[PDB]
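Here's the structure we're looking at; comments come further down.
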Amino acid sequence: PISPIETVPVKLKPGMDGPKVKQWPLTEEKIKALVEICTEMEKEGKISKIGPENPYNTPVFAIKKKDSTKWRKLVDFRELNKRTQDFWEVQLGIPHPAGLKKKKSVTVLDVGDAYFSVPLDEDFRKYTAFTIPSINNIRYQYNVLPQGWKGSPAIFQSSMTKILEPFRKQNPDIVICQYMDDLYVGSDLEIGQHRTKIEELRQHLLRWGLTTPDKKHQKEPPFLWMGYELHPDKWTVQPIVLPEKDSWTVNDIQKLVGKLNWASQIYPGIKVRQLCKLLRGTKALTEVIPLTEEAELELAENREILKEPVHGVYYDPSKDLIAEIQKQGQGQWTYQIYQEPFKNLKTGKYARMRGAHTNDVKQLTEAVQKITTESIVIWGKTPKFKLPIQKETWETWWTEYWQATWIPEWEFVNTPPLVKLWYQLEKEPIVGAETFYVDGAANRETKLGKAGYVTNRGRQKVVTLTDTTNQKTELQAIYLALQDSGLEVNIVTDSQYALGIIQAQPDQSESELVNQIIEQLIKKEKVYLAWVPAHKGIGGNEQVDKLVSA
Amino acid sequence: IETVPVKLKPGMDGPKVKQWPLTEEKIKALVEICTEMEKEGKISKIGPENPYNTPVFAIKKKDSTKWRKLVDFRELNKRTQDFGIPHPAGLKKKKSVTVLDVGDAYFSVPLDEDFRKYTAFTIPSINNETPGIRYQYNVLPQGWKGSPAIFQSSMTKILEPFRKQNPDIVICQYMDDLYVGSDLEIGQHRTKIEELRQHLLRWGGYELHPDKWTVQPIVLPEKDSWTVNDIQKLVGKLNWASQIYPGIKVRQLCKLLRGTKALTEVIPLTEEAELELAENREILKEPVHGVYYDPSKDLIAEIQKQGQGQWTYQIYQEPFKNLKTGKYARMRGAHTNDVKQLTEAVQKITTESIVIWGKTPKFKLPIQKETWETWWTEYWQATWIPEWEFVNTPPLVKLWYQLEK
Ligand SMILES: Cc1ccnc2c1NC(=O)c1cccnc1N2C1CC1
């Protein structure tokens, strides 16, 4: 079954030459076999003997495939693959289960060794040369796509799309999806009708040397789709097995946390905090670790979660898309996309490493965005959103934030906890509030600093700092101010980072100190923050500022 | 026709840019659009043996509810050899200018066989249920820099008559568009324009107002009485501003600010401070001297969001030596979404840069990459695509321009 299809022109990378590697020596039985096997496809026209006019060579091997005490062959194109041009995209990204519309029925045709049905570019064939040695010290080359060579998949995919354009056209109410050597076909016809067509298709591929496993020997639903179990009217989350064991090695924990993390997507509730703690300091990937009781209760509670299997539904184009979001903790969000309430299409969660300085709204914002993207990738469209935030809140925040931001049509859902603004700086000074002129300075090299303040009420403080830095000093100045102020405060500072907070008003940060201030900001009733150019006369920057520079 | 050979700047290789996900709605439109151009033999299906790719997408101009296909050749233009096309300085002054979409023209002209591979692009498939759909151009593509180039000859011809019979009218072509400027009152301009269309059709509001784009001065507040705060705010701004006008002085004012007083405390101005201030207001009445466009350097465009629907910008080549600056108020209807406002803004500004220096500025956008990548196209309406980078607006450069008159 070679095929009568136009070969795709293939050439070697810019200015390189074919493979030239030596052939390993072989046992009497590793040569005997390969002679047989090769004489086989030799007769099938798949490979053709070559003379000495071919200077290339690839190492052929022989490994007896398991569950058959018979011999099989293997050719090592590592080198050839390094020398072969690149092709576009053998996989623009995988179709997710939630992006499929349901079907009355779905077959799958293993187009298996169709890799060998497609003839290789006559010109290129010469680089595929390999050698079968003899006992005490026989050449060939491929005439069809070799298994394991860079361009096969690619060449075979396109080949396939061509050969499918006709049948697809005639039968538009039918749906084929291809992937690898697996051809999935589904539809909404009546089983007998479906049956007929599949056969029709089969005899079509069958026409291009493309042998396919008959009805008598093909696969049947459910279908294990990398992670999922697929029925034509519902998919399932193929229950995950946590190895209950005696002693745990570091490596084991990692793998475990790995599978656990994967799970948290569909199973929010899953936790790995204490389990992660078990790695701190680990000296060897195989050193065994004592499972803290906290880690026990956790590992445990996780098995319970993974008990309940999870089935979902498919895409129904005649219904709107809804995306609902929840905040599980600081910078942790869960979302579920569905068409009919509680009938979920997809779910997920996100952990946001605080990074420099953020705030929940900003983070809420990023979630939406991420969701929006994957939605489009799947349903070529974006969901209407149900968000745990009030229009008032959102409005206040965005019209004022310094960065461009946006949230597609959405609707407030009162599912607590809601995301809110933890504090807001006053737009102008507070009348009848103490005014703290803060300043901080530190010796860059010796890391010795002082921080402090003086108010218009005559109050003052100063503090000496060991092993500190400038930024810290400045911030500290501000921390103190806040600590000693009271519900309403006015604070002038010449800090560049103060400018930061003002413009962003973050409610989370990597810097503990910042967090400190943030906590203090939140406590205050009314706070107004002001910045003035450093080292200028601006009193305050002259008095508390003078006390801290030498 | 006989085709001119186009090549890549030496050393370069074709573009291999990934396709961005597209909505169902626009993927459909592109298919239609492509099957058609295919028949029309403008484009042809390609195999995987071709590894180059450029992003594609669809948009709709105003007063057009018919989808239009747009490609992102930036990368390819960057890699396409240069050749030399002349820019006036007249429309810069015209009383009015009108832009014209002559992208079509190109589809008549064929493209050198060997450069075609480089023009490969891909229509994706929703959820990847199908493999993508690869095409490649056979004629001059719209949006490519080589196209207005190769179609130069024919173009000049086609126009000369309208040219010679109207040397009082300016015509500048920048890629897919044609800029027509005349001081003739609107009546004659509009009519003369339509006459020009016909002149072209023959072969096979909306108005612009150049002049009027005068840079604005930085006005300073005025109060009956000033507070510690007011001053501090003022002084802060002046201080920073001195980087532009070095004659600005702040000491007399900073003197009043000595002593730890309350922000709300009122302070009367010394006659010395009064002067220092009056003297500053003067210097600010006009743009800094010495700023002259340099054709050999990149034009830069910075945008600050001011909130309330307002945005400010500055075109320059060297920080603080602005060539142009300005304010922009949100178009009627974008009352809830930033991204819409920003693209509109981006487009208007690019426009001016073209009209003026006949060159697209590189943008410095106050928006997170992801946000921008996800939605800019949704509101884009120009055949060209400028360069951009994403940044963090310093708080000061913002308070400054907020002060523009
Ligand atoms: C794994 C896979 C990838 C893409 N599409 C499908 C499948 N397999 C199915 O079993 C399936 C299930 C439900 C709907 N379409 C399906 N099919 C469609 C092709 C008939």
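Within every chain, numbering begins at 1; the chains are lettered A, B, ... in the order of the sequence lines, protein sequences first and strands thereafter. Counting convention: from 1, in listed order, for ligands and their atoms alike. Heavy atoms only: backbone and side chains are in, while hydrogens, waters and symmetry mates are out.
- The chain with the most heavy-atom contacts to ligand 1 in this structure is named in the PDB entry as HIV-1 RT A-chain.
- The PDB lists the drug found at ligand 1 under the name nevirapine.
- The heavy-atom neighbours of nevirapine (ligand 1) at a 4.0 Å cut-off, by chain: A.
- For nevirapine (ligand 1), the heavy-atom contacts closer than 4.0 Å come from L100(A), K101(A), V106(A), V175(A), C177(A), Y184(A), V185(A), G186(A), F223(A), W225(A), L230(A), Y314(A).
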